[PDB]
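Drug present: SGX-523.
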Amino acid sequence: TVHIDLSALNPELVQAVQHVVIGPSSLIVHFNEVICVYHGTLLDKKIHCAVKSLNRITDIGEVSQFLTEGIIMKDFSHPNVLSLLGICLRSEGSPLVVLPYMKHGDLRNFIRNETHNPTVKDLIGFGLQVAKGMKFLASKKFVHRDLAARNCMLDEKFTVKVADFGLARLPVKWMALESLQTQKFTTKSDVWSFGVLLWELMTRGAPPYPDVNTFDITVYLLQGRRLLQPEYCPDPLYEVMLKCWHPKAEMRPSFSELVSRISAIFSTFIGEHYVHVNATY
Ligand SMILES: Cn1cc(-c2ccc3nnc(Sc4ccc5ncccc5c4)n3n2)cn1
Ligand SMILES: [Cl-]
């Protein structure tokens, strides 16, 4: 029930965030059409968008951090990274985050869907797109911390966008050994998660370590274990996954190396090997 006067904001920051701000007459939010996220329309040209309605922000410092995140995220521009279209801050501190509409939803549900018929080539292609997204994010010194198939999205062109970061924001079965032990995250721990994401792809969305207790992952891994090679995962791609899970963080490949290696493996396929679901998954 706290009142907030937005005019108490620093005029320099308000000026700095203007290119991120969407005018009230530029966006028609379809509160009737619910995806808390709603369908929206943006003008440029009618543009379909996803409008994430955040909880009301009643602290000027929090409003300030919201506007600052918006500015930084606005410059995270890449074909395989979810873009911020802009932000709205309504009267009384009610925020809207405007993101591009993702027609085919999250990548995990997409590959799981038994009516979709992915090939080995399709699935590796998805992995490659994610690696390109991550190569970009790493170049910006941005550590994702929650990379997973569920956290990537697909548009109408089947372009994969790394999402669930910034204003679009423990996953222990995607976490590197050193992160489980120290609670610190790096680009090299994102590479570990990317390895698990590749496993998710080649299994068409199977949960990693099915019979394994969430609380018991460090002890499991320390017995000398890794995720098994999926039935439809090519040997060189499984070798890549094993490199992503190297016990020495510094010995794991960079995302730039992953893009290179995966592009090569991808190139050898012609879209003739269909990927079917594991009976046990
Ligand atoms: C199961 N699931 C995971 C997600 C998801 C993932 C990452 C992520 N990063 N930002 C968002 S919000 C968003 C953004 C665009 C959308 N486009 C279409 C439908 C839903 C949409 C939701 N997400 N949403 C949605 N369902
Ligand atoms: Cl294929």
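Residue numbering in chain A adheres to the PDB entry, whereby the residues present occupy positions 1050-1084, 1091-1099, 1103-1227, 1245-1356 in order. We count ligands from 1, going down the list as the structure has it; atoms in each ligand are counted the same way. For this deposited structure, the header notes the method as X-ray crystallography, 1.9 Å.
- In this structure, the ligands or chains belonging to SGX-523 are ligand 1.
- Most heavy-atom contacts to SGX-523 (ligand 1) in this structure come from the chain listed in UniProt as Hepatocyte growth factor receptor.
- Closest UniProt active-site residue of chain A to SGX-523 (ligand 1), with heavy-atom distance to 1 Å: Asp1204, 8 Å.
- Listed by number with element, the atoms of SGX-523 (ligand 1) under 4.0 Å from a non-hydrogen atom of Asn1167 are 1 (C).
- Residue-ligand proximity, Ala1108 to SGX-523 (ligand 1), at heavy-atom distances under 4.0 Å covers atoms 14 (C), 15 (C), 16 (C), 17 (N).
- When non-hydrogen atoms are compared, SGX-523 (ligand 1) lies under 4.0 Å from neither the backbone nor the side chain of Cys1210.
- Listed by number with element, the atoms of SGX-523 (ligand 1) under 4.0 Å from a non-hydrogen atom of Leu1157 are 12 (S), 14 (C).
- Lab note: most residues of chain A in contact with SGX-523 (ligand 1) fall in UniProt domain Protein kinase.
- Taking every heavy atom under 4.0 Å from SGX-523 (ligand 1), one finds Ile1084, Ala1108, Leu1140, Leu1157, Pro1158, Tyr1159, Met1160, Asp1164, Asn1167, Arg1208, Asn1209, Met1211, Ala1221, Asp1222, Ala1226.
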